[PDB]
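Let me begin by presenting the structure, written as structure tokens, before commenting on it.
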2 protein chains.
Amino acid sequence: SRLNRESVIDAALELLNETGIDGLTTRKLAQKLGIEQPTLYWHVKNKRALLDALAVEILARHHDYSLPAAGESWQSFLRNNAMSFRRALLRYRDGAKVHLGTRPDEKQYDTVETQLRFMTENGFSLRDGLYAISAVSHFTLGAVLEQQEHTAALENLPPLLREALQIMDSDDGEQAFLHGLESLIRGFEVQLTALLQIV
Amino acid sequence: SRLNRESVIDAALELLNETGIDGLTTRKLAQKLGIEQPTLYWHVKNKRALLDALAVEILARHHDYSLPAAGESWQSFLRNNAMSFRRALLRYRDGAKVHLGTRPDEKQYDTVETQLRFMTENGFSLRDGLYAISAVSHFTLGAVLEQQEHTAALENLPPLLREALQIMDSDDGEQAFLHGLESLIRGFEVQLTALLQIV
Ligand SMILES: CN(C)c1ccc(O)c2c1C[C@H]1C[C@H]3[C@H](N(C)C)C(O)=C(C(N)=O)C(=O)[C@@]3(O)C(O)=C1C2=O
Ligand SMILES: CN(C)c1ccc(O)c2c1C[C@H]1C[C@H]3[C@H](N(C)C)C(O)=C(C(N)=O)C(=O)[C@@]3(O)C(O)=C1C2=O
Ligand SMILES: [Cl-]
Ligand SMILES: [Cl-]
Ligand SMILES: [Cl-]
Ligand SMILES: [Cl-]
Ligand SMILES: [Cl-]
Ligand SMILES: [Cl-]
Ligand SMILES: [Cl-]
Ligand SMILES: [Cl-]
Ligand SMILES: [Cl-]
Ligand SMILES: [Cl-]
Ligand SMILES: [Cl-]
Ligand SMILES: [Cl-]
Ligand SMILES: [Cl-]
Ligand SMILES: [Cl-]
Ligand SMILES: [Cl-]
Ligand SMILES: [Cl-]
Ligand SMILES: [Mg+2]
Ligand SMILES: [Mg+2]
């Protein structure tokens with residue numbers, strides 16, 4: 001079938017949902033596309049190159065809150081941005097593992113730059129803004145990775161542990177994520193407002 | 001060579017450092033142990049079973065701050081516990097990926113129970129204590145995963161991005177982790193002390 005970049009991406013994302021990240025192979029992608037492996041190679045050099053592109057395109061397609069609304073507080077931006085990142089990562093099987101290890105692509109530079117500048121315009125030093133943005137990124141990835149990989153992995157319990165596992169087996173991870181996110185953001189705010197004061 | 005559980009673990013951890021998680025195979029472990037594959041199978045049924053055991057034994061061996069010191073504040077316990085978890089995860093190649101998706105083993109039940117009880121003794125509801133413990137776990141995993149997988153993965157840059165990448169390429173991830181961790185813990189404290197007050 002059609003082997004423009006868009007269509008190759010499309011097929012690889014469909015395959016990802018079917019196979020997961022470990023099971024995804026270029027041979028299987030060629031099959032899906034109805035082509036021979038050497039044909040695919042002209043378009044897609046290896047699995048690494050494919051995964052890198054998927055990580056970018058999943059966010060381009062589905063991460064809609066990359067930038068602050070006009071007049072938005074930095075707190076609200078980080079909240080909305082994290083929720084959006086989370087959702088985008090969850091949209092595909094093993095989507096957080098596809099993201100893991102990547103760094104901002106040229107196609108995301110202006111976006112990331114804007115996020116950093118926004119933080120510095122709201123009183124963060126570049127370093128402190130970086131630490132905030134990384135912490136949210138790490139927390140969000142971590143939460144989604146554990147959600148997705150725990151699902152992939154699937155009476156002498158002591159009572160709090162039994163109960164805590166009953167709580168966890170009762171939603172998908174969202175409540176715990178959102179509560180953690182609030183804690184994170186509030187801590188960032190306490191730090192920012194402290195300036196040079198012992199806190 | 002010797003195929004007691006300890007020695008099999010030992011060899012698998014050595015192999016993990018040599019191959020990484022994706023490259024680790026039972027066939028390669030049998031080679032390392034100087035045995036044939038059917039011999040290994042008696043001891044180790046599959047890679048999953050092996051990884052599960054490694055995740056447990058890495059913490060048993062090297063995560064020394066599972067429990068609060070006598071009289072320790074909950075804040076200090078979470079800090080020390082997170083630092084210890086982080087270090088243990090970093091001790092082996094792809095160590096955070098080995099941990100990912102696991103849940104507490106029978107051999108960790110008393111430990112995890114104690115952590116939960118400790119939080120509830122310090123004023124947390126079980127749910128709020130769970131959310132704190134999960135948030136620290138997720139943040140720590142996320143940070144280490146990104147550190148380890150970014151290393152595994154290894155001029156039109158805009159200036160803040162260029163600068164931020166210079167900052168990141170200057171330590172291993174520790175400074176950003178520790179700063180984030182403080183933000184997280186302080187947010188937990190603001191929440192705990194609020195009780196039923198709008199905050
Ligand atoms: C320079 N910049 C801080 C870095 C450095 C190394 C990194 O590994 C990363 C960044 C930017 C962050 C921005 C975060 C942002 N957010 C805090 C989740 C984000 O919304 C985006 C985005 N493209 O909209 C990211 O790329 C991002 O998810 C991401 O993957 C990043 C990331 O991987
Ligand atoms: C019931 N309990 C809260 C759960 C439920 C699901 C989970 O997936 C987990 C826990 C306990 C947490 C405790 C955390 C703890 N810490 C906050 C990092 C920890 O120190 C240990 C430990 N064994 O000392 C964990 O097992 C732990 O790393 C872990 O892997 C957990 C984990 O995987
Ligand atoms: Cl065709
Ligand atoms: Cl076609
Ligand atoms: Cl074509
Ligand atoms: Cl195209
Ligand atoms: Cl492949
Ligand atoms: Cl294949
Ligand atoms: Cl503020
Ligand atoms: Cl405070
Ligand atoms: Cl031998
Ligand atoms: Cl021997
Ligand atoms: Cl033996
Ligand atoms: Cl033994
Ligand atoms: Cl294997
Ligand atoms: Cl092999
Ligand atoms: Cl307190
Ligand atoms: Cl406050
Ligand atoms: Mg990223
Ligand atoms: Mg765990």
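Just so it is clear: chains get the letters A, B, ... in the order the sequence lines come, proteins before strands, and each one is counted from 1. Note that ligands are numbered from 1 as they come in the structure, with each ligand's atoms numbered from 1 the same way. Recorded method is X-ray crystallography, 1.5 Å.
- The PDB lists the drug found at ligand 2 under the name minocycline.
- Of the chains in this structure, the chief binding partner of minocycline (ligand 2) is, as UniProt puts it, Tetracycline repressor protein class D.
- Using a 4.0 Å cut-off on heavy atoms, the other chains next to minocycline (ligand 2) are A, B.
- Short-range neighbours of minocycline (ligand 2) under 4.0 Å, ligands and ions only: ligand 20 (magnesium ion).
- Taking the UniProt Mg(2+)-binding residues of chain B and keeping those with a non-hydrogen atom under 4.0 Å from minocycline (ligand 2) leaves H99(B).
- Annotation for minocycline (ligand 2): atoms under 4.0 Å from non-hydrogen atoms of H99(B) are 30 (O).
- At a heavy-atom cutoff of 4.0 Å, minocycline (ligand 2) is contacted by the side chain of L130(B) but not by its backbone.
- Proximity to minocycline (ligand 2) (heavy atom under 4.0 Å) is shown by these UniProt tetracycline-binding residues of chain B: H63(B), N81(B).
- The source species given by the entry for chain B is Escherichia coli.
- Between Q115(B) and minocycline (ligand 2), an N or O atom pair is found at a separation short of 3.5 Å.
- Remark: minocycline (ligand 2) and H63(B) share an N or O pair separated by less than 3.5 Å (distance only, no angle test).
- The residues of other chains having a heavy atom under 4.0 Å from minocycline (ligand 2) are listed as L161(A), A164(A), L165(A), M168(A), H63(B), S66(B), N81(B), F85(B), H99(B), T102(B), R103(B), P104(B), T111(B), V112(B), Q115(B), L130(B), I133(B), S137(B).
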